[PDB]
Engineer: 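The structure's right below; bear with me while I get my questions together.
Position 1 is the first residue of the sequence; numbering continues from there. Whatever order the structure lists ligands and atoms in, that order sets their numbers, starting from 1.
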Amino acid sequence: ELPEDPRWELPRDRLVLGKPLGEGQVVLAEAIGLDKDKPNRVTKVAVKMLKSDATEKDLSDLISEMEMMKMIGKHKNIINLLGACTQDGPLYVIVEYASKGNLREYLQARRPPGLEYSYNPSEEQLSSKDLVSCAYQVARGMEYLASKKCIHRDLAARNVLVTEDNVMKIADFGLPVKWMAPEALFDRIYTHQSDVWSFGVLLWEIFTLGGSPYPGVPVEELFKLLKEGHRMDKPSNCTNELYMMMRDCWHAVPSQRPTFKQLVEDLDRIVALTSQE
Ligand SMILES: C=CC(=O)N1CC[C@H](n2nc(C#Cc3cc(OC)cc(OC)c3)c3c(N)ncnc32)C1
């Protein structure tokens with residue numbers, strides 16, 4: 001029995017459940033009067049709830065996700081908590097809707113069709129500057145979360161969502177081996193520094209327009225290969241400077257990786273110098 005929290009509570013009648021977005025389960029919905037000072041406006045939102053066949057660990061995880069989202073607060077580049085329906089029936093956690101889906105899918109749909117190398121499984125191509133701008137927005141979100149002492153633990157382009165206005169939003173930050181820092185694979189030590197590693201894999205995903213990391217490398221081998229100083233090759237269409245940044249994020253010594261603060265400052269600069277092509 002969840003306790004009431006009138007900071008977040010939305011009467012269930014104010015919510016109109018629409019179509020599934022993916023499977024907890026997430027469904028599109030329309031929310032009437034989220035804003036106290038605009039009670040006759042409807043907003044599109046995503047609603048996370050348990051599946052039919054759920055347990056009581058699945059519930060306690062859903063509740064802890066919600067509680068962490070209330071603590072972390074709002075930022076443009078994270079999926080923000082908007083509300084909750086907790087009392088009059090099954091738990092609904094209401095969050096921002098991102099109409100263009102996850103980043104992996106978004107980039108894939110925008111591949112040039114003629115690349116035998118990486119087919120388009122589906123939109124307008126992304127310029128060089130737009131791709132860098134994507135990386136910058138993800139780094140800003142992660143900079144905010146780290147400032148709030150949140151360790152993501154599964155940062156990847158599949159865990160970034162894209163809004164109607166092409167805003168990148170970190171998802172699932174309040175709750176796979178190919179994104180994990182060596183020290184996370186082995187010693188299960190998760191830090192802001194391991195999140196930086198994951199961000200490097202995510203940069204690589206960006207500049208390969210949603211490629212699969214370590215292609216053809218069996219998971220079983222990966223720790224050994226990384227300990228021996230194996231890193232992914234530069235993506236064909238990536239500048240040497242952005243590759244340097246990737247490689248820095250993949251420093252073996254965690255203390256030697258850049259912070260999200262530095263990454264944001266470096267990407268801010270790169271975006272401004274990046275072109276038309
Ligand atoms: C990996 C992709 C994936 O699962 N997708 C892509 C579309 C779909 N989806 N999944 C979505 C979600 C979600 C979500 C739900 C949450 O509930 C607590 C928390 C969270 O991160 C803070 C994100 C979502 C959304 N917010 N807006 C639009 N589409 C959404 C499911």
Engineer: Could you check ligand 1 and tell me the drug name?
Structural biologist: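 At ligand 1, it's TAS-120.
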Engineer: Write down the name, per the PDB entry, of the macromolecule bound to TAS-120 with the most contacts.
Structural biologist: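 The chain with more contacts than any other is Fibroblast growth factor receptor 1.
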Engineer: Considering only heavy atoms, which residue marked active site by UniProt in chain A comes closest to TAS-120, and how close, to 1 Å?
Structural biologist: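 Among UniProt active-site residues, the nearest by heavy atoms is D154, 9 Å.
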Engineer: Quick one: look at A46 and TAS-120, take heavy-atom pairs under 4.0 Å, and tell me if it's side chain, backbone, both or neither.
Structural biologist: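 The answer is the side chain of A46.
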Engineer: Out of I79, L81, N102, who gets a non-hydrogen atom closest to atom 3 (C) of TAS-120?
Structural biologist: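 The option holding the nearest heavy atom is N102.
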Engineer: With heavy atoms only and a cut-off of under 4.0 Å, state how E96 meets TAS-120: side chain, backbone, both or neither.
Structural biologist: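 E96 to TAS-120: backbone contact only, side chain stays beyond 4.0 Å.
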Engineer: Nearest non-hydrogen atom to atom 31 (C) of TAS-120 belongs to which of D172, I170, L21?
Structural biologist: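 Going through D172, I170, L21 one by one, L21 has the nearest heavy atom to atom 31 (C) of TAS-120.
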Engineer: Number the atoms of TAS-120 from 1 as they appear, then name those within less than 4.0 Å of a heavy atom of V26, with their elements.
Structural biologist: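 Those qualifying, in numeric order: 10 (N), 11 (C), 12 (C).
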Engineer: At less than 4.0 angstrom from any non-hydrogen atom of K48, what atoms of TAS-120 do you find?
Structural biologist: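 Near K48, meaning under 4.0 Å from one of its heavy atoms, TAS-120 has 15 (C), 16 (C), 17 (O), 18 (C).
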Engineer: Can you tell me if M69 contacts TAS-120 (heavy atom of the residue under 4.0 Å from the ligand)?
Structural biologist: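 Per 4.0 Å heavy-atom rule, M69 contacts TAS-120.
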Engineer: Taking 4.0 angstrom as the limit and counting only heavy atoms of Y97, give me the atoms of TAS-120 inside it, by number and element.
Structural biologist: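 It comes down to these atoms of TAS-120: 27 (N), 28 (C).
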Engineer: I keep wondering which UniProt domain of chain A most residues near TAS-120 fall into. Any thoughts?
Structural biologist: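 According to UniProt, it is Protein kinase.
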Engineer: With a cut-off of 4.0 Å, which atoms of TAS-120 are near a heavy atom of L161?
Structural biologist: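 Reading through TAS-120 atom by atom, the close ones are 11 (C), 12 (C), 24 (C), 25 (C), 26 (N).
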Engineer: Write out the residues of other chains lying under 4.0 Å from TAS-120, heavy atoms counted.
Structural biologist: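 Within 4.0 Å on heavy atoms: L21, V26, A46, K48, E65, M69, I79, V93, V95, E96, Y97, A98, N102, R158, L161, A171, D172, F173.
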